[PDB]
Amino acid sequence: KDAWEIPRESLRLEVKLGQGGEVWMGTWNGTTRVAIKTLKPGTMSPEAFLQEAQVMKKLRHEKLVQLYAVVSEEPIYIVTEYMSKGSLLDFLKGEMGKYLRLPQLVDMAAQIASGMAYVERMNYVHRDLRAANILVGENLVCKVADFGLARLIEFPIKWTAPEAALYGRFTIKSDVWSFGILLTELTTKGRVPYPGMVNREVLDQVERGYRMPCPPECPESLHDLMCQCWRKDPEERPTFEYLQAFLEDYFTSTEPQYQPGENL
Ligand SMILES: CCN1Cc2c(ccc(F)c2C#N)O[C@@H](C)CNC(=O)c2c(N)nn3ccc1nc23
């Protein structure tokens, strides 16, 4: 057992924030607001449930959801930090959605690209990168999460690169693709990529060279970044280090003459 092993009674689960096990907002050692991901026995394999905690032990970054502790004895628990604003998907679709603008939305994208550039230096792949897996706290802080499929190197189709959805080639540039889809989520405020298309139709058109057009009120200089994320050859895609640098200097180097619109 590791040093992440805490007593099974040191947690006081309270409010459930969504379930599938479930997700609870509770207490740790008396005073720590935490988020407790739990394994509700569906007789699910705990080695397949602690695999999400195995990767979360080696990844520490200010833009990643910080694991707090693990309970590896049935029933299984996973304790992480509590994000006060919930998932980014619900945030873009919630009441704050209509008020978000391009300066704030690009900032959230630079935080995601910062945390996605961290694990790019650690030689890991996330494999389920999407706004439904990004979590928001106060001050518009976005930490990527849901490492239940992340693993060290050696489907939700609409977010996956073709070579990963087709040939299982989940690499550092297969998530760069999902980042470009994440940029369409942020620019449309939570809308589903490829409107009106089913998973099979997306797989057919993406393999035929089809790419999503420019979101309304989105600058072509940002949709160009999405196309670079959606390049067929995985090595043509930009690094997350370039992605984080691009989005941090966006309104000085790329769009210095940005004027706000009704939506962006
Ligand atoms: C225990 C880990 N998870 C589960 C989780 C989600 C939603 C998206 C995610 F990428 C993750 C992850 N990884 O759970 C959703 C069902 C609901 N969870 C929350 O609204 C939440 C929150 N407000 N802070 N916070 C912190 C952690 C946390 N979930 C939350």
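Using the PDB entry numbers, chain A covers 257-276, 279-412, 424-533, in order. Both counts, for ligands and for their atoms, begin at 1 and track the order of listing. Side chains are part of it too, since the values below use all heavy atoms of this structure and drop only hydrogens, waters and symmetry mates.
The chain forming the most contacts with ligand 1 in this entry appears in UniProt as Proto-oncogene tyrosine-protein kinase Src. Drug at ligand 1: elzovantinib. At 4.0 Å, heavy atom to atom, the residues around elzovantinib (ligand 1) are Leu273, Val281, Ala293, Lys295, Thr338, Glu339, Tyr340, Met341, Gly344, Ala390, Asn391, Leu393, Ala403, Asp404.
There is no covalent bond between elzovantinib (ligand 1) and any chain in the model. Of the residues UniProt marks as active site in chain A, nearest to elzovantinib (ligand 1) with least heavy-atom distance to 1 Å is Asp386, 7 Å. For elzovantinib (ligand 1), the main contacting UniProt domain of chain A is Protein kinase.
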